[PDB]
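Check out this one - VX-745 stuck to Mitogen-activated protein kinase 14.
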Amino acid sequence: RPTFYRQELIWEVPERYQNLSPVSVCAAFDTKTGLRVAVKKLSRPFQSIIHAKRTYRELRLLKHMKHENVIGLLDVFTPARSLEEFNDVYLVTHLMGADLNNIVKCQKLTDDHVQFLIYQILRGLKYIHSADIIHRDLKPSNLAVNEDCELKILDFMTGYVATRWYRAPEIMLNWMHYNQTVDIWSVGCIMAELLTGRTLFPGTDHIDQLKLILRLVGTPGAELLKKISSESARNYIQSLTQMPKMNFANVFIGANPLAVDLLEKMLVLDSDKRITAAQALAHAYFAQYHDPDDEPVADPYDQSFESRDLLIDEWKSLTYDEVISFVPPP
Ligand SMILES: O=c1ncn2nc(Sc3ccc(F)cc3F)ccc2c1-c1c(Cl)cccc1Cl
Ligand SMILES: [Cl-]
């Protein structure tokens, strides 16, 4: 057990972590690794069963993720000396220093920067999806980028808000039980924005955003309507005047036509027929970056705990076990 010191920004961290300042997330200098780090404090982690399960979920996810393009755990600690006093979880990872919004604002991007940036999302996404994990909330603010344009994926709704602009229609409107290609829709929205500098579907609300979406990709055909299990949702869509799919070369004028092709494969209304991350990486657009030998998959991820109903203290004991058994990367 290392020595801890206290400071109010209350944060109680091992002395290896120095020069803490706010970003509940702090930036710090890790003196063991020489890396700048983001330290997240989970403050009321075992408050309800919902909360206690969420802490356990977060820790498990972060402990599993060992990929260059996914946020992993450099360290996890608690100032607590026993399960009895255990009540704080601190999570340490690499500091990148900016998200993807803080990147288009600062510089104009080449088709090359877009390639490298989207390649990295799909590479980490191939990895996340291989462990049968769905991000569900991919957005430029959940993408951590450093100065070398290297990228890591992090985390895992009313009106004119960015929180909803990148969501697949089937999830935004609870159409069906959704797969991992909801994340591919999100990448499509992100990619488009990188090429145009403008949000793809900046709807003022859920319906407006659906209209924007259907204007580009067309109204659903007979087959996808069948797959919409929400009878309420299916019934509304059919009230809309049929629209065909727009020409994407006319929407994304002057774009690398390979980039246009990949956007068409990504932004398919029927989630069953979207391109997967594994497939998208093999797309001609990433010929420059693609290396099937350097695009690894994840180890088995056991999420059978998700189906389990447990009392607060049980989720907390599980979380604790996971804290104390943590072995740092090397
Ligand atoms: O560069 C970053 N790298 C990591 N994170 N992590 C987190 S949260 C987190 C997750 C897992 C940890 F182990 C620890 C945590 F703190 C939040 C931001 C962040 C950034 C970052 C910064 Cl420092 C400024 C502006 C935008 C971003 Cl996306
Ligand atoms: Cl805009």
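One is the number of the first residue; the rest follow in order along the sequence. We count ligands from 1, going down the list as the structure has it; atoms in each ligand are counted the same way. Side chains included, hydrogens not; waters and symmetry mates left out as well; all remaining heavy atoms used.
Copies included, the model assigns VX-745 to ligand 1.
The site surrounding VX-745 (ligand 1), defined by heavy atoms under 4.0 Å, contains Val23, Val25, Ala38, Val39, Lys40, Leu62, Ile71, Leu73, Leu91, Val92, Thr93, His94, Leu95, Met96, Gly97, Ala98, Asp99, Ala144, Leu154.
Below 3.5 Å of separation, one finds an N or O of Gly97 facing an N or O of VX-745 (ligand 1).
The source organism field of the entry for chain A says Homo sapiens.
Numbered from 1 in the order shown, with element, the atoms of VX-745 (ligand 1) that lie under 4.0 Å from a heavy atom of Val25 read 16 (F). For atom 4 (C) of VX-745 (ligand 1), the nearest non-hydrogen atom of the protein is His94 O, 3.4 Å. Looking from atom 23 (Cl) of VX-745 (ligand 1) to the surrounding protein, the closest heavy atom is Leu95 CD1, 3.1 Å. Near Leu73, meaning under 4.0 Å from any of its heavy atoms, are these atoms of VX-745 (ligand 1): 13 (F). In terms of protein heavy atoms, atom 5 (N) of VX-745 (ligand 1) is closest to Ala38 CB, 3.6 Å. With ligand atoms numbered from 1 in the order given, VX-745 (ligand 1) contributes 26 (C), 28 (Cl) to contacts under 4.0 Å with heavy atoms of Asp99.
For VX-745 (ligand 1), the closest UniProt active-site residue in chain A and the least heavy-atom distance to 1 Å are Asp155, 5 Å. In this structure, the protein non-hydrogen atom closest to atom 14 (C) of VX-745 (ligand 1) is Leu91 O, 3.2 Å.
The contact region for VX-745 (ligand 1) on chain A lies mostly in UniProt domain Protein kinase.
Which parts of VX-745 (ligand 1) touch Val92 is read off a 4.0 Å heavy-atom cut-off, strictly below it: atoms 13 (F). Nearest protein heavy-atom contact of atom 25 (C) of VX-745 (ligand 1) is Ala98 CA, 3.9 Å. At the top of the distance list for atom 2 (C) of VX-745 (ligand 1), counting protein heavy atoms only, stands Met96 N, 3.5 Å. Protein heavy atom at the shortest distance from atom 15 (C) of VX-745 (ligand 1) is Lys40 CB, 3.5 Å. Atom 12 (C) of VX-745 (ligand 1) has its closest protein heavy atom at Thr93 CG2, 3.5 Å.
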Do any nitrogen or oxygen atoms of VX-745 (ligand 1) lie under 3.5 Å from a protein nitrogen or oxygen, and which ones?
{"from": "VX-745 (ligand 1)", "atom 1": "1 (O)", "to": "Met96", "atom 2": "N", "distance (Å)": "2.8"}
{"from": "VX-745 (ligand 1)", "atom 1": "1 (O)", "to": "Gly97", "atom 2": "N", "distance (Å)": "2.7"}
{"from": "VX-745 (ligand 1)", "atom 1": "3 (N)", "to": "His94", "atom 2": "O", "distance (Å)": "3.3"}
{"from": "VX-745 (ligand 1)", "atom 1": "3 (N)", "to": "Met96", "atom 2": "N", "distance (Å)": "3.4"}

